[PDB]
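In this structure, mivebresib is found bound to Bromodomain-containing protein 4.
In chain A, numbers come from the PDB entry; the residues present are 57-165, in order. Ligands are counted one by one from 1 in listed order, and the atoms in each one are counted from 1 as well.
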Amino acid sequence: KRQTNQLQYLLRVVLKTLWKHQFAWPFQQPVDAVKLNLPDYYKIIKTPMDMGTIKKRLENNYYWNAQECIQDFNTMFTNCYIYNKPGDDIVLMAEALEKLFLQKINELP
Ligand SMILES: CCS(=O)(=O)Nc1ccc(Oc2ccc(F)cc2F)c(-c2cn(C)c(=O)c3[nH]ccc23)c1
């Protein structure tokens, strides 16, 4: 049986696949509430999360384990579902990314 590190797999396989997805671009940096005109965002969302922050955490030895990283991805998706209206384009984009994420995480070593 091959021994492959879970956090390494999360960086090189999982994050890489999601980052390249056509719907990844609104999730590659923190939400810019000022430019997007969402003045209530940082009041409703208490733990903001994005793939750019996850990428930095994976590169800067932040995570204790793979589950702490998985929680950051889940926070990013649920923040989107909490803030935005169902049926909004951004929600449809997050749902497609979350479906791909769950597929990739099923094959985690
Ligand atoms: C890179 C971060 S950014 O903030 O610098 N750029 C950025 C650009 C577009 C965005 O969304 C859109 C998507 C598809 C459209 F057709 C129009 C949009 F505006 C969002 C965006 C992200 N997220 C997570 C939300 O929850 C959200 N709610 C409302 C906007 C958003 C963020």
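- Every copy of mivebresib considered, the relevant parts of the structure are ligand 1.
- The proximity of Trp81 to mivebresib, defined as any non-hydrogen pair under 4.0 Å, involves the side chain as well as the backbone.
- The option from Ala80, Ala89, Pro82, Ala150 that lies nearest to atom 22 (C) of mivebresib, judged by heavy atoms, is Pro82.
- Counting only heavy atoms of the protein, atom 5 (O) of mivebresib lies nearest to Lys91 NZ, 3.1 Å.
- Using a 4.0 Å cut-off to heavy atoms of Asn140, the atoms of mivebresib that qualify are 25 (C), 26 (O), 27 (C), 28 (N), 29 (C).
- UniProt assigns most of the residues of chain A contacting mivebresib to the domain Bromo 1.
- Residue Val87 touches mivebresib through backbone and side chain together, judged by heavy-atom distances below 4.0 Å.
- Short contacts between mivebresib and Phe83, defined as distances under 4.0 Å to a heavy atom of the residue, involve ligand atoms 24 (C).
- Close N/O approach between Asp88 and mivebresib is found [any backbone or side-chain N/O within under 3.5 Å].
- In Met132, neither the side chain nor the backbone holds a heavy atom less than 4.0 Å from any atom of mivebresib.
- Here the heavy atom of the protein found nearest to atom 14 (C) of mivebresib is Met149 SD, 3.9 Å.
- Residue-level proximity to mivebresib for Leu92 is carried by the side chain, the only part with a heavy atom below 4.0 angstrom.
- There is no protein heavy atom less than 4.0 angstrom from atom 17 (C) of mivebresib.
- Looking at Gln85 next to mivebresib, no N or O pair under 3.5 Å apart turns up.
- Closest to atom 25 (C) of mivebresib, if we only count protein heavy atoms, is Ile146 CG1, 3.6 Å.
- The contact residues of mivebresib, taking heavy atoms under 4.0 Å, are given as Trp81, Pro82, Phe83, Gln85, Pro86, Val87, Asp88, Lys91, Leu92, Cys136, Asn140, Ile146, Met149.
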